[PDB]
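What follows is a model of Cytochrome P450 2C9 carrying bound losartan.
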Amino acid sequence: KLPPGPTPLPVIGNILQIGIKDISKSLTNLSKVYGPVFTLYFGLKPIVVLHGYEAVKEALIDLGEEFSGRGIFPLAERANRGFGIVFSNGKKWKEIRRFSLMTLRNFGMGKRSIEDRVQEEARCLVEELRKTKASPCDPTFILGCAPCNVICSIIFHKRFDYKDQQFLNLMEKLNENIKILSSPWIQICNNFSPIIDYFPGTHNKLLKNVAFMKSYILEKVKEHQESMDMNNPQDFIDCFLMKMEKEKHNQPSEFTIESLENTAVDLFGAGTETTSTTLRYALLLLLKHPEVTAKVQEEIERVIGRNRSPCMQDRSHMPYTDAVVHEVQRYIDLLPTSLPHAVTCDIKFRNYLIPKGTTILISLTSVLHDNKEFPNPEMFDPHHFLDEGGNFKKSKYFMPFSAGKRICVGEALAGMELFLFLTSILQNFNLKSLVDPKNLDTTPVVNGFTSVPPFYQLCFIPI
Ligand code: HEM
Ligand SMILES: CCCCc1nc(Cl)c(CO)n1Cc1ccc(-c2ccccc2-c2nn[nH]n2)cc1
Ligand SMILES: CCCCc1nc(Cl)c(CO)n1Cc1ccc(-c2ccccc2-c2nn[nH]n2)cc1
Ligand SMILES: CCCCc1nc(Cl)c(CO)n1Cc1ccc(-c2ccccc2-c2nn[nH]n2)cc1
Ligand SMILES: [K+]
């Protein structure tokens, strides 16, 4: 049988009982009644929730292959999203993911490293920040340009000037779609309608925005097909075309210009908003806890100095800053329920039997805010990742990127972006708040499955 859960109602299941304001809090409430594994019904669609480290670990890690599916919902069909990496399944997923991970290794695309691309972007970021001339600033836009440009550089090999209008169009389309996708109407309510789409104009805008991006990618790809040097692949496209070559004699192949376009859009989608938000939240928490910022700066001064860019090598000698980055991630809990999973076959879990294809919802919040691993999990405190001697203290509960076979492809990349961008900023600036560090609230603003920071402004004061 399935795991227990609140008795669903006829037809609507458990829908009218789950506080949609903050699904994560609701799942936690439920776990207080039904335990670490329970079922909920969306219509007659069951969804098994895993809550707590032990349950998430055995599912995602111990029974990893069985829980490597991506749970699909009507929205997947409606915004054409099952044809790259994030929303794919089976062989298509495995091959594209595998290829993607290899291509994204630090030196996976030629002599120019991922680190180098990030470092260059950090340089540009500091520059654009300087241009604010220390005036009040809503850093949303600037912080979003950086991670986006890193993807551009990884995919097209070229970064854009922050005012190159083709760059500005890309970001606009991305931002638009993200905002749309973040509406509870689109995340929740539209998914009740199994066969009929109630927001047709919206799904049309989404697709239109994608079309524009794919059509920009297509042009870059033609240019790349032209100046193809087989022995010197320089970006994700070069690599993807070279994989295509090895595939000839392997029809049909998972690698096609279509899947390339789709994969590249996924990278843009997955690689630019979460990192960008996490950067934005970090500055806010640093404004709120200036003593933390000061220590990060003391480590930057001592280990890196002022005569050179930060680099990944410096991280191991900067336990405190490392602890800070980790803590930001843990505290903010950006993807409280990760992305939905689905079992790939009939499976026995604990004392229950979960049928193949059943949707699985993982509570990352439950792990990240584990009250024993992280006393006072609701408070921001770098000491959560530090030992008595001030050394960095790793945690099995550090899962902001999820865990298992579906773990974030960008785990390493995001790590580099956070560390390098944050160190760079604080190497060249002090942060000044408009209001008083005692007044601003840093509590995340939850809306359905989304969790973001509140609005704020600051001044980047050159050192
Ligand atoms: C702070 C930044 C980021 C966070 C917190 C984050 C977190 C996550 C999470 C929670 C998932 C869901 C995994 C699951 O299904 O269990 C995910 C998926 C993914 N992330 Fe990210 N991510 C970040 C940045 C990036 C970046 C920069 C990339 C760029 C390569 C990226 C690429 C992906 C991809 C491709 C997936 C889909 C994985 C799959 O289905 O196999 N992410 N990420
Ligand atoms: C009918 C095909 C038009 C598609 C489209 N492309 C762009 Cl671009 C626009 C700008 O609104 N649009 C139209 C659009 C119209 C209404 C919405 C919308 C906004 C808020 C709340 C509900 C809707 C909605 N979508 N579908 N029906 N109502 C979204 C996009
Ligand atoms: C020009 C188009 C902008 C981005 C874009 N809009 C559409 Cl629609 C797609 C297909 O999902 N995408 C690609 C997309 C791929 C993955 C995600 C995703 C990746 C990791 C974690 C959460 C997200 C997510 N899914 N929905 N909203 N944000 C977001 C966007
Ligand atoms: C194909 C899309 C499936 C997503 C979905 N539809 C419904 Cl209905 C459910 C939960 O009843 N869910 C679970 C879910 C929905 C959206 C997200 C999401 C979308 C954009 C940005 C962040 C998130 C996120 N993932 N986990 N928490 N928040 C995450 C989980
Ligand atoms: K309409």
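Along the sequence shown, residues are numbered consecutively beginning with 1. Remember, it's 1-based here, ligands and their atoms both numbered in the order they're listed.
Every copy of losartan considered, the relevant parts of the structure are ligands 2, 3 and 4.
For losartan (ligand 4), the heavy-atom contacts closer than 4.0 Å come from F42, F73, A76, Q187, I188, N191, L335, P336, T337, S338, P340, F449.
For losartan (ligand 4), the atoms closer than 4.0 angstrom to any heavy atom of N191 are 8 (Cl).
In chain A, UniProt heme-binding residues less than 4.0 Å from losartan (ligand 4) by heavy-atom distance: none. In terms of N/O distances under 3.5 Å, losartan (ligand 4) is approached by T337.
The shortest N/O to N/O separation between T450 and losartan (ligand 4) does not fall below 3.5 Å.
Not one N or O of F42 is nearer than 3.5 Å to an N or O of losartan (ligand 4), by distance alone.
With a cut-off of 4.0 Å, the other ligands and ions near losartan (ligand 4) are: ligand 3 (losartan). According to the deposit, the organism of chain A is Homo sapiens.
Contact atoms of losartan (ligand 4) toward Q187: 6 (N), 7 (C), 8 (Cl) (distance under 4.0 Å to a heavy atom of the residue).
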